[PDB]
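Opening notes on diclofenac bound to Peroxisome proliferator-activated receptor gamma.
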2 protein chains.
Amino acid sequence: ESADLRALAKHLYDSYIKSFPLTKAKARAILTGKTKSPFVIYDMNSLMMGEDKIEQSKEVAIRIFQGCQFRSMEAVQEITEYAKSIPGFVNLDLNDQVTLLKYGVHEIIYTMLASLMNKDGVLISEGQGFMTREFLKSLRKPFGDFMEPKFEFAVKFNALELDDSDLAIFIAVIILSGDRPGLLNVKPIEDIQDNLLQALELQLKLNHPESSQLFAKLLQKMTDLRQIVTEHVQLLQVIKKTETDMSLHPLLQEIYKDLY
Amino acid sequence: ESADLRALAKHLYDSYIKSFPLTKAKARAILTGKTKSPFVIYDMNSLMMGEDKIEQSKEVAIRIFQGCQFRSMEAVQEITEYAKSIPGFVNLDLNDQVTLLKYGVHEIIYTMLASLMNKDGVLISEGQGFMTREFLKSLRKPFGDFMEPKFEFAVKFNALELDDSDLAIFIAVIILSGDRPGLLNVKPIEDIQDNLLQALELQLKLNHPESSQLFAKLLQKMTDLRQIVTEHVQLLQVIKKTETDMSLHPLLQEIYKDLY
Ligand SMILES: O=C(O)Cc1ccccc1Nc1c(Cl)cccc1Cl
Ligand SMILES: O=C(O)Cc1ccccc1Nc1c(Cl)cccc1Cl
Ligand SMILES: [Ca+2]
Ligand SMILES: [Ca+2]
Ligand SMILES: [Ca+2]
Ligand SMILES: [Ca+2]
């Protein structure tokens with residue numbers, strides 16, 4: 001029923017707002033000067049000014065890649081806490097909850113990252129910096145490309161003009177993907193996802209009534225996100241196998257690993 | 001200088017207040033009826049009422065032990081975030097930061113747990129429940145004793161009448177313990193700890209002027225906390241080796257382990 005499907009959407013939106021302080025709405029207000037201004041990092045010189053202006057220094061490409069990777073592991077906390085807020089999720093087998101999050105989190109980071117991006121760059125530091133796409137592309141191989149697949153995805157994705165209320169539900173659908181390798185009980189995952197898919201269809205109808213077959217464009221984009229996490233995962237093996245000794249885990253992840 | 005030592009103490013107190021929402025002050029107000037009242041769990045019947053009144057059910061002793069263990073891994077987050085707030089900590093080698101937290105966190109949990117305890121029981125659920133000591137002792141072997149060393153430590157510890165401002169510093173001293181096995185650069189750990197020890201001595205002088213040699217009683221208690229984490233660690237091996245398949249890691253710890 002439409003009452004339920006809307007209350008669910010309203011519930012996910014509120015939890016999203018709770019879990020994720022920097023919203024697409026705010027990010028967009030910052031990117032367009034509706035708001036304060038972020039420090040622009042466009043060259044080595046401004047990177048150095050910038051990182052001063054908001055343990056170890058080692059060559060910049062590594063520091064940048066490392067920051068991205070830390071910010072991503074950092075983000076896992078807010079995403080995990082969001083996923084628990086999804087009706088029926090905390091009632092799945094724990095091994096399945098873990099698997100869903102294991103394969104989902106990068107897809108969600110890239111989705112939310114796009115809220116922070118425009119063809120020219122990306123907001124960092126809770127909106128306090130703006131790093132250009134060409135600056136990132138300027139980094140030496142293999143680092144000069146780690147962000148391009150994200151920018152390429154983001155520009156097409158952002159053309160859809162989704163707003164946080166649609167994203168709250170989109171992200172929930174991706175978490176609950178019953179085809180992750182290694183799942184124990186696929187059925188109750190697909191049940192929940194199909195309520196979620198129906199709340200999403202209704203959402204886009206009301207929210208994007210001049211955009212029929214928009215739901216199908218979004219379904220398309222979940223495929224586009226697998227391609228990106230696979231390129232990213234393969235790039236990471238290559239960096240691990242060619243660039244000795246960078247730390248890619250923030251403190252909390254290191255201690256949770258070690259207490260295990 | 002005394003200005004510095006006090007500003008440091010003031011800084012640690014504020015970070016403590018930030019990191020740790022349930023303070024000893026509040027806990028004590030609850031335990032004495034200064035405040036609302038917590039649900040008392042004193043028997044199986046009240047445990048069942050209680051756990052209703054605030055994925056799987058398996059025999060109660062395991063559910064209780066499991067909750068304690070989850071709450072402890074949960075607490076690691078707030079402690080980690082507290083430790084970063086300690087001047088010079090985030091400037092140590094990461095491997096050393098990790099080691100300090102690896103061996104420190106249980107000592108701190110037991111210290112802060114004592115803020116939640118009286119000879120008769122312990123507050124749980126952010127102060128919403130009160131589980132009796134005898135109820136915990138009633139659980140079948142080997143569970144009937146996992147909390148007694150904590151109660152025994154807590155009663156003696158609480159006799160010292162420390163208040164959150166002293167605890168803020170105490171906890172910082174324990175984190176920075178330069179004798180943890182496996183530390184790479186012990187020196188800069190002992191430097192920081194000795195500023196911390198001086199801020200603590202000054203703190204107790206001002207805060208407990210009728211209690212000379214109180215500092216030495218607290219130093220004594222860091223030894224008492226090693227004994228408890230060792231009994232706890234050995235009890236845990238025994239439970240792991242005798243009681244199949246309980247989950248002892250909350251979700252975030254499972255995903256951080258798996259993304260590693
Ligand atoms: O900095 C932030 O808060 C945004 C964010 C979130 C997830 C992943 C990366 C980033 N930012 C960011 C990026 Cl997108 C690339 C390189 C370095 C950094 Cl610090
Ligand atoms: O419940 C809480 O918030 C307090 C807390 C903190 C750390 C460790 C354990 C506990 N509580 C608690 C205890 Cl002390 C024993 C058994 C079960 C529980 Cl849920
Ligand atoms: Ca600098
Ligand atoms: Ca619209
Ligand atoms: Ca029940
Ligand atoms: Ca006093």
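Just so it is clear: chains get the letters A, B, ... in the order the sequence lines come, proteins before strands, and each one is counted from 1. In what follows, every heavy atom counts, from backbone to side chain, and hydrogens, waters and symmetry copies are set aside. Just follow the structure's listing: the first ligand is 1, and inside any ligand the first atom is 1.
Looking across the whole structure, one can locate diclofenac at ligands 1 and 2. Other chains in heavy-atom contact with diclofenac (ligand 1) below 4.0 Å, by letter: A. The binding site of diclofenac (ligand 1), defined by non-hydrogen atoms within 4.0 Å, is formed by A:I64, A:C68, A:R71, A:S72, A:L113, A:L116, A:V122, A:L123, A:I124, A:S125, A:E126, A:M147. Interface atoms of diclofenac (ligand 1) facing A:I124, defined by a heavy-atom separation under 4.0 Å, are 1 (O), 2 (C), 11 (N), 12 (C), 18 (C).
The source organism of chain A, per the PDB record, is Homo sapiens. The shortest N or O to N or O distance between A:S72 and diclofenac (ligand 1) is not below 3.5 Å. Atoms of diclofenac (ligand 1) found under 4.0 Å from any heavy atom of A:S125 (numbered from 1 in listed order, with element): 1 (O), 2 (C), 3 (O). Contact atoms of diclofenac (ligand 1) toward A:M147: 14 (Cl) (distance under 4.0 Å to a heavy atom of the residue). Most residues of chain A that touch diclofenac (ligand 1) lie in the UniProt domain NR LBD.
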